[PDB]
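Take a look at the structure set out below.
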Amino acid sequence: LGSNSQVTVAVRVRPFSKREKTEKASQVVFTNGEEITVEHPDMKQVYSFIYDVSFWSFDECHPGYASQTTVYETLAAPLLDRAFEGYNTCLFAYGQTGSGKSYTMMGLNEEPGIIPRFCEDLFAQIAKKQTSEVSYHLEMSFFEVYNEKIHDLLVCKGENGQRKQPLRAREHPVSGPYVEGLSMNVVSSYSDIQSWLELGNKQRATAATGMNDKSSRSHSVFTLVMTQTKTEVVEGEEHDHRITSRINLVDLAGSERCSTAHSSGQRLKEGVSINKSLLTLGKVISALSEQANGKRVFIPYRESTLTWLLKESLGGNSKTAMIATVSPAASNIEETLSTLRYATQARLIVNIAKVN
Amino acid sequence: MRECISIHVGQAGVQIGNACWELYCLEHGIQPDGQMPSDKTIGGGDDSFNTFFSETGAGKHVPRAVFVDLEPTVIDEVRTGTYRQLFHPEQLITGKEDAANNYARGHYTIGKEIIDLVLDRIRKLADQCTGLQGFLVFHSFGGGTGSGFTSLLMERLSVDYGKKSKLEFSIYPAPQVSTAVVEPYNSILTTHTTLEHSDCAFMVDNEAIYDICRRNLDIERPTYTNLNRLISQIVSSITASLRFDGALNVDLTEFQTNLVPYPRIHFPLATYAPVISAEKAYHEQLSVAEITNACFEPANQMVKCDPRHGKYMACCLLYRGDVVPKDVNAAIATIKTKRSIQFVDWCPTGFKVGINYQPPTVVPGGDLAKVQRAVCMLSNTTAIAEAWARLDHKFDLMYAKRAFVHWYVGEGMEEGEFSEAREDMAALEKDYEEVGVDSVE
Amino acid sequence: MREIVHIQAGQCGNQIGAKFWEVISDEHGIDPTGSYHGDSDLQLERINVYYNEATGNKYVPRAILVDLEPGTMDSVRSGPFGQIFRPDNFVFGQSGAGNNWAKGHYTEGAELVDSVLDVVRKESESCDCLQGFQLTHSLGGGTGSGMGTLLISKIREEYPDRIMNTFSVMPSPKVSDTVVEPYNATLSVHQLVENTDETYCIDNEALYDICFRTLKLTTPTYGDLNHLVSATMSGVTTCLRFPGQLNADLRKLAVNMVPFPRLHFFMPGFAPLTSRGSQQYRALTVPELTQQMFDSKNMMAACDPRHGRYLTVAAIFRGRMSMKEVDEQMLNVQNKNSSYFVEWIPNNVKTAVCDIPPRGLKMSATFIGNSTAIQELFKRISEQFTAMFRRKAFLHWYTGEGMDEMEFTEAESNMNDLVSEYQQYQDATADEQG
Ligand SMILES: CC(=O)O[C@H]1C(=O)[C@@]2(C)[C@H]([C@H](OC(=O)c3ccccc3)[C@]3(O)C[C@H](OC(=O)[C@H](O)[C@@H](NC(=O)c4ccccc4)c4ccccc4)C(C)=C1C3(C)C)[C@]1(OC(C)=O)CO[C@@H]1C[C@@H]2O
Ligand SMILES: Nc1nc2c(ncn2[C@@H]2O[C@H](COP(=O)(O)OP(=O)(O)OP(=O)(O)O)[C@@H](O)[C@H]2O)c(=O)[nH]1
Ligand SMILES: Nc1nc2c(ncn2[C@@H]2O[C@H](COP(=O)(O)OP(=O)(O)O)[C@@H](O)[C@H]2O)c(=O)[nH]1
Ligand SMILES: Nc1ncnc2c1ncn2[C@@H]1O[C@H](COP(=O)(O)OP(=O)(O)O)[C@@H](O)[C@H]1O
Ligand SMILES: [Mg+2]
Ligand SMILES: [Mg+2]
């Protein structure tokens with residue numbers, strides 16, 4: 001208690017896509033450092049936004065190319081030092097459909113994201129100071145929000161026509177919200193967590209739509225728990241005091257307008273739910289921004305499961321970071337601007353982090 | 001011959017339509033069974049006017065109309081009414097449930113399943129027409145059907161038909177009166193989607209017509225049946241020259257040309273001056289000067305806005321009956337002499353005139369008197385921007401807190417769609433301002 | 001094309017239903033043997049909304065009666081309008097819930113809900129296009145709370161794109177009729193806040209005050225309380241059965257009454273009501289009906305709107321009326337009483353008019369209000385709740401049936417969060433510039 005933090009802000013720009021090269025769209029997003037400027041195609045006006053870090057992955061030729069490992073060592077490594085210091089940690093993305101979110105946190109086989117780097121770097125960090133004075137313990141789960149329902153992705157299943165088992169949320173009067181039945185499996189080596197991860201991502205819900213051939217029909221939260229047992233000077237029982245750190249790495253879905261990417265059936269329902277969830281999230285950020293202005297505000301958490309489980313990961317007791325993602329095409333002006341506005345709001349959120 | 005198709009979307013549209021088709025059936029001699037009795041003396045002719053009614057060999061006249069509500073009540077009041085044997089049985093209740101005053105239901109969840117059928121029927125109608133000259137869409141900013149379905153339909157028609165005049169008659173949301181908590185949203189989204197497809201949207205308000213029926217007709221307790229009968233006359237004044245003979249005939253394109261300077265300011269207001277009881281039909285001369293000045297009184301406008309807080313960009317005065325052009329020349333001169341009626345510097349010729357020889361018909365059971373002269377004023381003014389501003393402000397007051405949004409997002413919509421719309425309307429307000437700045441070298 | 005399923009759980013539910021069907025039949029012209037003996041032809045145009053044809057121009061209700069005590073079902077059968085119901089829709093057991101939410105939700109209701117769901121599926125699949133459901137249930141006891149909420153959850157899971165409405169008799173402030181009301185109410189609220197779309201909160205003390213002041217009745221039985229509630233139930237769904245100048249339905253009301261999803265708890269009311277003698281001294285016009293509607297002493301919710309601000313109100317008028325006077329009167333209510341409304345909603349009043357009034361009235365009106373004063377109910381429960389829960393006063397009868405304390409804390413938290421969401425919108429503060 002007594003801490004006073006800020007919900008940090010990173011902002012990536014992806015390259016031109018296939019559709020964006022089919023239809024020759026021009027450049028509207030520009031980077032000049034940590035300040036990012038977007039102006040309309042019709043030369044109406046110019047908006048510029050201040051942020052904590054920016055990442056211009058547009059072209060490999062530029063100076064200051066912000067590849068995967070730069071994003072990592074700028075966001076996760078600080079968060080990892082905080083997690084080893086005795087804090088809980090959260091890193092959550094936000095953006096448009098196809099804006100480059102799952103490329104960042106998790107990533108592709110030949111260019112991993114923050115998850116396969118965070119887990120490996122903390123394994124190494126443990127390998128340098130796993131004394132017999134201080135011992136370490138690791139477990140994890142990796143769960144999914146799909147159509148208002150929680151799913152566990154690290155679950156081997158048999159062959160069925162009906163096999164997808166939804167879990168429940170509950171509220172512990174001290175610990176806060178949590179999930180009932182979330183298999184937290186022990187992970188003592190990098191091969192183990194890699195096998196878990198590839199068991200998970202292969203279970204995450206996806207489908208082909210207009211803006212992505214492999215789109216995300218769900219939100220994904222990666223729950224990696226680390227306890228560390230330490231000794232202080234007492235002549236009785238030692239290895240006596242525990243310090244815990246829960247890591248929550250969050251990749252969300254898109255906005256999914258039904259005109260830019262027409263859908264019918266299940267592909268339409270998911271979209272609705274996704275959008276609904278995101279809307280509530282916006283309110284939270286806005287409302288919490290108002291809490292920085294000293295105004296009496298009520299934060300809606302309970303309208304969705306995402307904003308309910310991550311209650312403590314926005315206010316509460318954890319150090320949290322946002323990653324906005326945008327596109328350089330002159331089409332995605334309104335979605336880009338809504339993104340950057342929500343990031344400007346999230347910049348202003350404070351959080352009272354607990355030392356464990 | 002010349003032919004126009006009417007599309008009566010929504011409760012409001014259907015009620016306006018029932019009134020209008022009552023009026024047209026009376027004007028042309030058609031009975032509710034479709035059977036004209038006096039064609040036995042004509043032997044064909046064209047007095048069974050092809051602008052609105054298609055004729056069979058059996059002597060039955062069928063209106064060129066389409067009726068959509070997305071709920072069964074209103075059209076079932078037609079199928080079981082006095083005009084059940086007039087309309088083709090293809091009046092379209094495919095509405096097992098309605099739009100719940102949600103543009104998202106009206107444009108995506110139930111915007112689809114019904115529009116293919118609507119368009120097929122319009123196609124069947126238009127194939128029966130040689131000289132198709134325009135569409136007339138009756139609807140209401142405020143609901144879902146009359147907002148979203150109208151938006152979608154105009155989108156499809158601007159593809160399938162193209163350069164055909166698509167005029168609209170819309171109920172505008174009033175400042176004080178309102179029958180719903182979510183009319184601002186719907187109105188803004190509709191004006192966003194329609195403003196790139198419509199050619200001229202004739203806007204009315206209900207507070208205005210209530211005040212008219214009170215002050216002039218002396219009805220202290222009016223209802224919609226007493227209101228729409230006025231609106232009908234406006235259409236009968238717009239659609240007169242396509243039916244009857246006159247001295248200065250006005251085809252539909254003449255509106256689209258003269259009242260629409262720039263392609264985004266096509267929102268003119270309607271006005272009908274000789275709204276008099278049969279009592280006050282006596283005691284008054286009802287000359288062209290009186291009616292033409294009444295049309296310019298701010299208290300007799302059918303949209304609650306003051307032209308005195310703005311300027312006139314255009315005005316089309318459509319006359320009916322014993323009217324001589326000299327009277328109109330004198331009247332417009334008297335108006336140009338008056339200083340309270342200010343025009344833009346870039347419109348010295350601001351008046352369009354039309355004279356038909358056929359006076360209006362008196363609907364049996366109505367509140368309006370029999371007249372020898374009638375006038376309809378369609379005026380494009382800068383005042384209505386203020387009205388738009390009001391709506392936009394309301395939008396803000398709720399969009400700040402994201403109220404009533406999960407009903408829209410919940411029925412297939414992104415939240416960004418809101419912001420986009422608002423921006424357009426803001427630009428439109430600016431555009432109105434831009435056309436009020438006087439020109440300087 | 002717009003069909004409604006009725007479910008009745010418990011004494012309160014079954015007794016209100018017995019009166020509600022008795023009223024809808026009177027409106028539509030159905031006799032106690034299922035036969036149509038009415039005068040107007042509009043009564044049959046939309047009979048499908050509440051009824052089904054069987055064989056011989058006989059009309060059977062689309063109802064489902066639920067209990068865990070036979071005595072409430074026999075009362076229906078041994079009644080005036082009992083022989084019209086489908087006997088295969090009486091789903092009852094024995095050895096009821098015992099004023100225990102647990103027994104109705106987890107133990108006994110778990111052994112009986114499957115039958116109810118079978119009947120629900122049978123009655124829904126026979127629909128061309130179902131609009132929603134309709135549960136009359138008391139909370140303050142067991143079955144109506146537990147079995148009710150369970151059915152609600154399962155229908156919402158099976159039928160999520162429909163409307164789920166509840167007419168609920170909440171506890172009263174002064175006198176209790178069950179000693180374990182707080183727990184059960186808090187848990188039923190924990191279940192309803194997350195699954196319903198619009199619930200109508202009723203309180204017997206308000207209706208006693210109505211029967212005493214307005215109607216001047218000195219010996220009011222429950223058939224009179226339920227007579228008022230049925231009036232309301234009818235009025236909510238009037239613009240689906242009959243025609244009007246400006247129609248509405250449950251979805252349009254919900255869209256125009258629920259700004260945020262959780263605040264779907266409403267105060268009902270109905271006008272005109274008067275003593276049998278005082279009807280010759282009163283003109284029945286829109287002004288008098290509005291004066292009676294927005295009067296604090298005509299609500300059934302036992303919460304003074306003068307202690308809050310209306311978020312959004314709805315008026316479903318029935319009769320031949322002028323829309324000018326409706327809109328004028330509602331505007332006047334908003335302007336003269338500007339402090340009891342919100343600024344961030346410009347017009348808080350939804351309107352609807354049906355042209356076909358009730359059997360003996362020239363005009364009538366139904367009122368649905370969403371106000372912050374509802375907090376004064378839940379807060380009370382929460383106080384009561386903790387006063388018991390701090391001591392574990394009656395818990396072992398709930399834990400013995402397969403519960404835990406986390407459920408209680410969850411329910412209390414949900415209720416208090418809702419109270420705060422209602423509180424944030426009654427402080428009429430001024431912004432910096434506006
Ligand atoms: C002929 C006449 O003027 O007598 C009226 C009458 O005196 C009053 C008092 C009636 C009377 O109702 C009551 O006195 C009453 C008693 C206990 C609880 C509630 C009401 C009436 O009994 C009730 C009855 O109202 C109806 O019949 C409506 O259709 C009503 N349906 C039923 O009452 C009904 C119930 C069971 C079986 C058959 C019909 C209704 C209300 C809302 C929606 C649909 C239907 C009417 C006109 C009257 C009497 C008969 C005195 C009132 O009825 C209602 C709910 O509006 C009570 O206040 C109104 C005002 C009427 O003036
Ligand atoms: N002038 C006029 N306005 C009407 C009439 N009927 C309804 N309105 C207006 O229409 C608005 C309500 O929207 P509607 O046109 O009814 O919407 P809808 O077409 O019924 O679509 P849904 O909401 O899905 O039922 C109200 O604000 C009324 O002022 C009418 O007969 N005449
Ligand atoms: N308004 C009204 N409320 C009732 C009536 N009968 C019972 N109630 C309420 O409903 C509750 C009855 O609970 P109930 O479900 O029947 O208990 P159970 O028999 O064990 O299932 C009581 O607490 C009353 O407050 C009635 O006729 N009218
Ligand atoms: N900096 C980059 N360089 C090359 N490709 C990129 C870059 N950022 C994103 N992509 C590509 O964008 C595609 C989709 O991005 P992703 O965030 O996975 O979409 P979604 O958010 O729908 O999951 C991926 O196939 C990825 O290869
Ligand atoms: Mg993804
Ligand atoms: Mg309608």
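Order of the sequence lines fixes the chain letters, A, B, ..., with proteins taken first and strands second; residue numbering starts at 1 for each chain. Side chains are part of it too, since the values below use all heavy atoms of this structure and drop only hydrogens, waters and symmetry mates. Counting convention: from 1, in listed order, for ligands and their atoms alike.
- Here the macromolecule with the greatest number of atom pairs within 4.5 Å of ligand 1 is listed in the PDB entry as Tubulin beta-2B chain.
- The drug or drug candidate found at ligand 1 is Taxol.
- Other chains, heavy atom under 4.0 Å from Taxol (ligand 1): C.
- The PDB lists the organism for chain C as Sus scrofa.
- Taking every heavy atom under 4.0 Å from Taxol (ligand 1), one finds C:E22, C:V23, C:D26, C:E27, C:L215, C:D224, C:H227, C:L228, C:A231, C:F270, C:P272, C:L273, C:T274, C:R276, C:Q279, C:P358, C:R359, C:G360, C:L361.
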